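Here, propofol is shown bound to Proton-gated ion channel.
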Amino acid sequence: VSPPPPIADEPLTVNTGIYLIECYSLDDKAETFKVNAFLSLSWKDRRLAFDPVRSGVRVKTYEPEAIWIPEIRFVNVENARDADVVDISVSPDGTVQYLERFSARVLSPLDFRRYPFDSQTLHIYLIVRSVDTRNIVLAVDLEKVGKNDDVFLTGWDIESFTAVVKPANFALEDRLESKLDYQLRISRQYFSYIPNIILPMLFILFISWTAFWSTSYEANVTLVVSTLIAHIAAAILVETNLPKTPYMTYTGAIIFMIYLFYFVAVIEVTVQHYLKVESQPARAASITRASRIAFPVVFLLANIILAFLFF
Amino acid sequence: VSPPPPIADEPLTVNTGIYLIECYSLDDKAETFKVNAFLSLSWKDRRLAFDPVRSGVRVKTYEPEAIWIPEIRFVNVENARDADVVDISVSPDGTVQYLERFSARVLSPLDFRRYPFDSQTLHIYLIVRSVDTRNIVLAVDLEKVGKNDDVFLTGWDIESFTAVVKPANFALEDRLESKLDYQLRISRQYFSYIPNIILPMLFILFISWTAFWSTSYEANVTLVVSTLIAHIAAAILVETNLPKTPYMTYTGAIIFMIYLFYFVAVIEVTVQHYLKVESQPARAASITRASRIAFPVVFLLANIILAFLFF
Amino acid sequence: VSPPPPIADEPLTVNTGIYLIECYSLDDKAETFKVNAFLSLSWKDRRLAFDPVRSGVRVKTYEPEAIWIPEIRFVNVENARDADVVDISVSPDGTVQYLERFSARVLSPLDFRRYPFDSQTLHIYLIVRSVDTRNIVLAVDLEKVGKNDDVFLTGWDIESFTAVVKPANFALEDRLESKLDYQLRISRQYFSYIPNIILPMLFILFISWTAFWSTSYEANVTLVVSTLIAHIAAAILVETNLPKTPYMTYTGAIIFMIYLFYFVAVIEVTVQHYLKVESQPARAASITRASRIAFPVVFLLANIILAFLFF
Amino acid sequence: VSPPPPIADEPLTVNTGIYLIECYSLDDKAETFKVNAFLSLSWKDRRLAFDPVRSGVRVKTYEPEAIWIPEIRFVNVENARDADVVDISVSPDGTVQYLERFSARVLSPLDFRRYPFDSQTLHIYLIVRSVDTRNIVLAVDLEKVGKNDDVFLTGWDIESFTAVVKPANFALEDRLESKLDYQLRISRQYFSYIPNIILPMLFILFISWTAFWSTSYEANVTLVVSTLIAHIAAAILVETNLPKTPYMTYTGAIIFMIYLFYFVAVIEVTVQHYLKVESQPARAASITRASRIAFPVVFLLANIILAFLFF
Amino acid sequence: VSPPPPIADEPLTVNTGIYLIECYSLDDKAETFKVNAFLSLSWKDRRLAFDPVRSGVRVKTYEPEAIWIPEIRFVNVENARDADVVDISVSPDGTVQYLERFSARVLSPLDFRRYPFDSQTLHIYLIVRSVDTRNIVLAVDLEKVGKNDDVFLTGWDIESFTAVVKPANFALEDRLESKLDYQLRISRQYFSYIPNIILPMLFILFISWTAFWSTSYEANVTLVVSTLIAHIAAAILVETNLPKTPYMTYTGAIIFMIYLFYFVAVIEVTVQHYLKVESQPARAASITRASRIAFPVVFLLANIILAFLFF
Ligand SMILES: CC(C)c1cccc(C(C)C)c1O
Ligand SMILES: CC(C)c1cccc(C(C)C)c1O
Ligand SMILES: CC(C)c1cccc(C(C)C)c1O
Ligand SMILES: CC(C)c1cccc(C(C)C)c1O
Ligand SMILES: CC(C)c1cccc(C(C)C)c1O
Ligand SMILES: [Cl-]
Ligand SMILES: [Cl-]
Ligand SMILES: [Cl-]
Ligand SMILES: [Cl-]
Ligand SMILES: [Cl-]
Ligand code: NA
Ligand code: NA
Ligand code: NA
Ligand code: NA
Ligand code: NA
Ligand code: NA
Ligand code: NA
């Protein structure tokens with residue numbers, strides 16, 4: 001079966017629509033998500049047109065094998081989608097109405113710059129390659145773009161699922177290729193990050209600053225070193241659930257900054273002890289007393305600067 | 001093939017049933033479970049009618065390809081079910097009795113609010129989409145809904161497997177959809193959490209409170225810090241076997257609360273030492289003596305408050 | 001093709017056999033194992049009978065598609081087996097001899113009560129569903145049940161592979177089902193657990209008891225706490241390679257008991273120090289001296305009691 | 001269908017091209033990467049030639065089954081490529097223009113010698129085996145070799161995707177094989193390694209060197225031992241994300257060198273204490289004072305030597 | 001299609017050959033490896049013989065479906081191989097020359113006794129089952145057994161790939177089976193284990209022995225305990241990348257031995273302190289002085305004994 005011939009020299013408009021049934025497995029490291037949805041396609045094939053009076057039927061149903069069907073592919077998929085044709089309906093004028101249900105692992109990159117307070121725009125790119133006979137062009141039927149209310153992405157809030165109505169038409173290997181951009185806007189559920197990593201990470205840091213109320217070098221060493229080991233554990237746990245970014249992230253910045261605070265506390269603890277042994281604890285006292293205000297004030301201001309730069 | 005034609009204007013009732021053979025792999029992080037079960041379907045196709053006098057047989061057998069079979073799909077599956085048609089039997093009136101055995105990764109969300117003392121209601125949604133010729137409607141044959149006695153879901157107790165007999169009939173992309181809700185009620189076996197996670201977590205917390213019977217700042221720092229690190233390990237181990245919830249969980253609350261208890265013990269240990277050095281151990285003694293009763297009493301009451309809020 | 005018709009009203013006996021080629025991947029958490037084996041089936045279809053003098057041939061070979069073959073399934077498999085028909089041979093009387101080679105992920109539960117000194121009975125359940133024409137019943141041909149000598153299950157000793165000759169015949173969805181139980185008896189190779197997990201766990205416990213020969217509260221705190229953190233690592237390592245059991249296991253008991261020993265040592269270390277500070281080291285000495293005998297004696301007796309209860 | 005016959009006994013030149021759609025999953029340990037791309041093939045089959053004036057058509061489209069298609073196979077793939085024929089076009093002369101879209105897990109080794117400041121050359125090898133009728137030879141059509149702008153490999157910069165135009169023709173099992181080398185040049189984005197692994201690893205090393213300003217053996221033991229445990233965690237974290245190389249890597253060197261610095265600091269801390277106890281702290285002072293300059297200077301020079309050897 | 005009939009009563013000799021293309025993923029815990037290779041088969045079928053004069057052709061090419069092809073299987077594979085027939089050529093005398101390219105997960109056990117200085121012999125077993133018509137026997141065509149030069153097994157050196165020319169002919173389920181043994185000899189690249197696991201493990205042990213030059217019980221406890229924890233981390237990192245063996249391994253022995261050295265050092269540290277407190281440091285001094293020579297000497301001799309027993 002060949003593509004429907006043009007009346008004049010017009011391209012064949014294939015109207016598309018994606019209706020999300022299930023959205024799942026959003027992998028941050030892999031920058032992938034899984035989607036189970038309906039794909040609807042509609043085009044006019046005049047060869048399939050009929051008289052409802054003569055045929056007695058208002059709609060004719062066909063098996064895929066029986067008629068010409070446009071080769072639609074997804075651009076950003078790991079492997080080609082698992083599809084099951086649900087229905088093919090031909091109206092009397094020849095307007096084919098194709099519907100299939102598919103599942104695909106979509107590969108769409110994420111911007112971790114504001115993590116875990118980030119929002120994302122996931123993309124699903126539909127594509128058709130023109131044939132020799134005639135050029136195929138994609139269109140969006142907004143009445144057939146959606147998601148069911150129950151669609152739930154674990155750990156994310158689904159804001160919108162819309163399509164960019166104007167396709168990106170371009171040459172690829174001397175043939176036209178009509179590309180459509182379906183956008184799924186999601187925003188991260190940061191609630192858990194607060195009681196789970198943020199607050200515990202801050203408490204173990206504040207526990208380290210109790211060394212500013214102690215003269216016991218042995219206890220201070222223990223305090224600042226032990227908490228630094230706890231911070232290493234947090235920093236490992238955080239970074240292992242994120243991909244290696246060529247840009248600095250908000251969480252990355254915070255984690256790095258905290259390492260400097262530990263390093264500078266070790267230096268303070270060291271200086272204080274050196275002076276006490278040198279029989280000059282008056283200098284050590286003034287240094288320690290300053291640190292009690294300095295460390296929190298600088299930490300607080302540095303965070304204000306950081307949050308400001310990132311948001 | 002086309003769907004069986006209506007005698008009058010009635011929809012085609014497809015009677016369904018699911019009989020669970022093996023229900024396994026319930027993944028808490030993924031909020032998915034695997035199921036291997038029988039799917040039974042029964043509908044009338046008068047076209048298939050026969051005389052057993054002429055045909056010789058009292059029941060006719062068919063290959064799926066040979067007759068019209070309703071396109072039944074699962075709503076909440078990762079990928080389309082792996083099915084194997086077990087049997088297709090047509091009685092003289094044209095009543096079809098279809099049976100297949102399938103396997104599926106069902107994606108049904110869990111409520112972790114009372115974890116590990118939570119119960120769940122897993123869902124398996126059956127759906128049929130109406131055709132142009134006639135409307136298809138799902139029904140439940142309760143004689144064909146069940147589970148074998150041996151069905152075991154590791155670390156869960158299977159309470160019931162029932163179906164919500166009245167289907168959810170609704171429009172979707174200008175066609176009728178008949179949706180059935182199969183409910184598998186399970187409850188978590190929390191036994192292991194007690195000797196494994198709970199009691200060890202409580203002993204290492206009580207071990208830290210022995211610092212209320214010591215004056216050695218160096219030993220107290222060691223005690224409270226070391227046990228804090230043990231609790232960091234605990235919390236990570238617990239937290240990595242749960243998904244990131246936008247709501248606070250019972251275990252999450254307990255774990256968070258325990259972090260405050262360590263932070264407040266570090267403060268007590270710090271205050272006690274400061275006073276000892278300040279040559280006023282009478283204040284330090286009274287503060288420490290209070291802490292011995294305070295810490296357990298407050299911990300016990302806080303837990304009573306927490307358990308109350310969550311159950 | 002319909003099933004072979006009965007001479008009288010007898011059921012069709014399908015003789016079965018499983019000959020294990022490879023046994024691998026016994027996952028303890030998942031309570032699954034992978035199997036690669038031959039499945040042999042034999043039944044009499046008189047329609048296929050021939051004269052060996054007239055046909056010249058002793059045996060006729062058929063393609064599966066050509067003749068009626070009973071739909072045999074495995075009950076306890078994750079997904080349906082990957083089979084390849086090796087041979088179909090028909091004798092003059094009409095005795096069909098079918099042979100296929102298959103692979104499957106069997107889901108058979110384990111009893112962790114005596115782990116790592118446990119033995120298991122893995123099950124492979126064969127099942128046939130009766131048809132409307134006639135009832136199919138399974139049988140065991142013991143001459144076709146076995147395993148090759150080289151079958152090796154890593155970290156397990158294969159004792160026997162036998163079949164329970166009497167099938168479990170029962171009604172399921174108003175049709176007869178004939179179920180056969182194939183039992184693979186294995187016993188765990190516990191050797192490695194001794195130099196790997198057991199002895200190191202016991203040494204780090206005995207290391208903590210050296211605090212009974214020390215008066216240094218700071219050194220005892222260090223000793224008992226450090227060894228406790230090592231035990232936490234041991235316990236996590238052990239329990240992450242086991243599923244969550246609703247029953248107490250031998251290893252689980254030992255691990256929990258050891259936790260108590262650390263808690264009670266912390267108490268001893270605390271009491272000894274309190275008394276030393278209270279200027280009464282005579283009581284502290286007698287308490288410590290007792291602990292030196294008490295701790296090992298109690299540990300040894302508690303283990304005798306435990307081993308007795310579990311074996 | 002047999003291969004096209006030669007006019008004069010020349011080999012059949014199959015012109016090839018690979019246009020990368022998506023690059024993903026570069027696994028360093030596995031030395032594998034995944035690709036989704038277009039594969040274009042073009043050859044002359046005179047049997048397929050037609051008249052364009054008489055036939056009215058300038059191009060004829062065929063189903064793969066209809067014509068002879070050269071068996072093109074990737075050398076370095078885990079399993080054979082998933083492919084979907086996009087189009088087959090025949091020009092009047094009989095020039096076939098085949099296009100398929102495929103996915104493959106390519107196995108191309110990496111050189112970890114300069115990690116994480118390394119660049120790589122990934123390979124995709126195309127191969128054709130000659131037939132008895134005639135020899136098939138591969139060629140590169142540079143106008144059909146490329147990648148889309150959006151191709152992104154997470155944590156890697158894509159430099160170029162080119163082909164080595166001259167095929168490696170050789171005998172294999174008494175038949176000619178024509179092999180083509182497609183090269184994808186990538187370079188690691190090392191940015192993240194600096195705030196994440198490098199700077200933290202250097203700070204915990206510098207923290208250990210504060211023991212050169214302390215006389216407290218107990219505090220020095222704590223300092224050097226604790227920071228050493230931190231380095232063990234770092235080194236384990238780094239080494240588990242790399243394969244076992246028979247050559248020394250840049251990071252491997254750095255990590256190993258750092259272990260010696262900790263061993264030599266333990267020795268210094270030990271010597272200093274021995275002398276202090278031996279009532280000769282003048283020697284201990286001079287040894288410690290030297291170490292303060294020695295340790296950083298030697299560390300800095302050793303790194304200059306190392307970086308020089310590796311780059 | 002039936003098997004070729006015998007001229008006399010001779011068995012049908014199927015000549016085989018395996019030429020390795022890519023050898024990857026050798027999993028130590030699983031005792032498996034992946035292989036991608038050519039499988040060549042050749043047998044005489046006189047029914048296929050032809051006159052090269054009357055046919056004009058010197059070789060006839062067939063589709064698998066067209067002719068009889070022996071059912072060749074691999075014994076030790078997880079699931080049946082993924083094959084693609086490359087070519088089927090019939091010479092005038094009727095000699096079929098079949099060639100396919102396949103991929104398989106071969107399950108061949110490893111001997112970890114000398115790990116990481118071990119060598120292995122991986123096996124690939126080819127098998128054919130005899131039919132009632134005639135008994136099929138495998139043979140090795142040494143000209144068709146090999147590997148390409150580029151075959152690389154990450155972290156292993158490929159020594160040889162040979163076949164044991166004499167097949168193991170035996171009865172299995174009342175039919176003969178002809179089994180061939182293909183042996184791939186590999187040896188582990190132990191280089192990395194030295195800077196990575198061995199030297200760091202030895203240095204953290206030597207760091208513990210500095211407690212023989214200290215009188216500070218608190219510092220010795222810290223030293224011997226901290227290092228013991230580092231050895232636990234090592235011992236896990238090692239053992240988790242190895243399967244549970246019923247035999248003692250070289251690395252297992254070394255690791256176990258080192259645990260005794262830590263236990264005995266804790267005992268020494270304990271005894272030394274007890275005596276110091278007992279106001280008899282002359283005994284403590286002589287015990288400590290002995291330990292300084294004893295510990296390394298015994299460690300060195302124990303290793304010589306161990307290496308001797310294992311190599
Ligand atoms: C589960 C949660 C509270 C948690 C446990 C342990 C450690 C950390 C980091 C913050 C150090 C953490 O996120
Ligand atoms: C997760 C479970 C197996 C576990 C093991 C050992 C100790 C703990 C405490 C410290 C939380 C624990 O939670
Ligand atoms: C490899 C082996 C000796 C090992 C190392 C570290 C800890 C454990 C036990 C204590 C769980 C262990 O099994
Ligand atoms: C360097 C090494 C010790 C390390 C520990 C913990 C966390 C990180 C990053 C996230 C800072 C890290 O790379
Ligand atoms: C002691 C040994 C098992 C070990 C510990 C930490 C780091 C490494 C390498 C990466 C140096 C290592 O293999
Ligand atoms: Cl697609
Ligand atoms: Cl489906
Ligand atoms: Cl099955
Ligand atoms: Cl391929
Ligand atoms: Cl096979
Ligand atoms: Na079509
Ligand atoms: Na059908
Ligand atoms: Na300490
Ligand atoms: Na059949
Ligand atoms: Na073809
Ligand atoms: Na084809
Ligand atoms: Na064949």
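Chain A is the first sequence line, chain B the second, and so forth, proteins listed ahead of strands; every chain is numbered from 1. Basis for what follows: all heavy atoms, side chains included, without hydrogens, waters or symmetry-related copies. Atoms within a ligand are numbered from 1 in the order they appear, just like the ligands themselves.
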Original post:
Could you list every ligand or chain that corresponds to propofol?
Top reply: ligands 1, 2, 3, 4 and 5
Original post:
Using a heavy-atom cut-off of 4.0 Å, which other chains touch propofol (ligand 3)?
Top reply: C, E
Subject >> UniProt TM segment numbers of chain C near propofol (ligand 3) (heavy atom, under 4.0 Å) >> reply: 1, 2
**OP:** List the residues forming the binding site of propofol (ligand 3), heavy atoms under 4.0 Å.
**Re:** C/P195, C/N196, C/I197, C/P200, C/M201, C/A234, C/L237, E/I232, E/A235, E/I236, E/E239, E/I255, E/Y259
